[PDB]
Amino acid sequence: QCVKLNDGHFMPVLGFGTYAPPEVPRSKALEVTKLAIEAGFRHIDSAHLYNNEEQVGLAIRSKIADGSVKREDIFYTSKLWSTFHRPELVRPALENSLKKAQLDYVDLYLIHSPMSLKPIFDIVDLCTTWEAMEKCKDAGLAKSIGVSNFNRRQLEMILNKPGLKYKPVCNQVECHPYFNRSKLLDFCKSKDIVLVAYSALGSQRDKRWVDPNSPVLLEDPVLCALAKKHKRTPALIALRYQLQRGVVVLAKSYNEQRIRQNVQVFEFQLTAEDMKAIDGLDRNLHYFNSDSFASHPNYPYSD
Ligand SMILES: NC(=O)c1ccc[n+]([C@@H]2O[C@H](COP(=O)([O-])OP(=O)(O)OC[C@H]3O[C@@H](n4cnc5c(N)ncnc54)[C@H](OP(=O)(O)O)[C@@H]3O)[C@@H](O)[C@H]2O)c1
Ligand SMILES: Cc1ccc(Cl)c(Nc2ccccc2C(=O)O)c1Cl
């Protein structure tokens, strides 16, 4: 199913994560994005950063061409990279992502991160970036626009902007049972802004930003015990948890069995006691924990 965004467009509540590290050949993105769509995924999450938009776009066009889905059945997201926050660069960055994917529009375009980088850190008024995003929705390049990696204060700056035309429809952020973002989720609900969870399965644990000593979410004993009770898997429990909280959840998998497994999130439900047990795992733990973000003036977790 779908959630109605605050601009009247609809977003599928389970999305397919397409990021893979650079050691995975670029051709894999094409193959697994096809498999995801075959499995039942209708929301596909990509970004300029991922260096896969040509493959992801080809998978979508491929599944349109062979007749499995129509373009309006697919919800495709791309994201403005942090070297393109200066307002005059926004629309050209978007049109480029479009030309790569060979699509006429994205369903959603996000500001990937509030941490501006030189076109080295940069200082940009993200309110001007936002105006440029608004112009992209007006031109029909993006059906909806939103943000990613914004904390409550950063999100407030946009919402409070003089002559704001469109609220962000969502804030895509790190979110899972060890970092459940409860307070930010309540703030977003109060504003009819959807929270979209990434690393909802505990991240890819890439050594470039994640400490390998960090706990492994999918071996959590409470998650294992609920998977046993429901006869599902720890990943399924972690995804269902977000859906029942009114959180749109992404799931990356480049594995054919796990891709098909993940759409089973719709086939069962958790009780209030289950949800409380998961809620009790929260431990303020963000897996991405790197000097490369932490020292930025607009680091979202400076809290
Ligand atoms: N906005 C941002 O700054 C940001 C940041 C991070 C991620 N994202 C978006 O969110 C997407 C997902 O987040 P993520 O990449 O951190 O990964 P994720 O969804 O947390 O998944 C982490 C690992 O879970 C494994 N997995 C998937 N399904 C599973 C299952 N059923 N059972 C066991 N393991 C399973 C996958 O390994 P296999 O591939 O081997 O199955 C995957 O590498 C990204 O791909 C990207 O689209 C955005
Ligand atoms: C904290 C933070 C800040 C900025 C970005 Cl862009 C990201 N996103 C990524 C970082 C490294 C590799 C992939 C991503 C992603 O968007 O998937 C995160 Cl996790």
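We number chain A the way the PDB entry does; in order, the residues shown are 6-124, 138-321. The analysis underlying the following values was restricted to heavy atoms, covering all of them including side chains, and did not include hydrogens, waters or symmetry mates. So this one's X-ray crystallography, 2.0 Å, going by the header. When a ligand or atom number is given, it counts from 1 through the structure's own listing order.
- Here, the chain sharing the greatest number of close atom pairs with ligand 2 is referred to in the PDB entry as Aldo-keto reductase family 1 member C3.
- The molecule at ligand 2 is the drug named meclofenamic acid.
- Per the entry, the source species of chain A is Homo sapiens.
- Remark: minimum distance from atom 4 (C) of meclofenamic acid to any protein heavy atom is reached at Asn167 ND2, 3.7 Å.
- Meclofenamic acid has no N or O atom lying under 3.5 Å from any N or O atom of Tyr319, backbone or side chain.
- For atom 18 (C) of meclofenamic acid, the nearest non-hydrogen atom of the protein is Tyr216 OH, 3.7 Å.
- UniProt substrate-binding residues of chain A with a heavy atom under 4.0 Å from meclofenamic acid: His117.
- Within the 4.0 Å heavy-atom shell around meclofenamic acid one finds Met120.
- The nearest protein atom to atom 8 (N) of meclofenamic acid, hydrogens excluded, is given as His117 NE2, 3.9 Å; this is a heavy-atom distance.
- Here the protein heavy atom with the shortest distance to atom 10 (C) of meclofenamic acid is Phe306 CE2, 4.0 Å.
- The UniProt annotation of NADP(+) binding in chain A and a heavy-atom cut-off of 4.0 Å around meclofenamic acid together pick out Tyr24, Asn167, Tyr216.
- Closest to atom 9 (C) of meclofenamic acid, if we only count protein heavy atoms, is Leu54 CD2, 4.1 Å.
- Heavy-atom separations between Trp86 and meclofenamic acid include at least one value shorter than 4.0 Å.
- Near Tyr55, the atoms of meclofenamic acid lying under 4.0 angstrom from a non-hydrogen atom of the residue are 15 (C), 16 (O), 17 (O).
- Counting heavy atoms within 4.0 Å, the binding site of meclofenamic acid comprises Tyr24, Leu54, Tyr55, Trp86, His117, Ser118, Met120, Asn167, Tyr216, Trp227, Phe306, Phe311.
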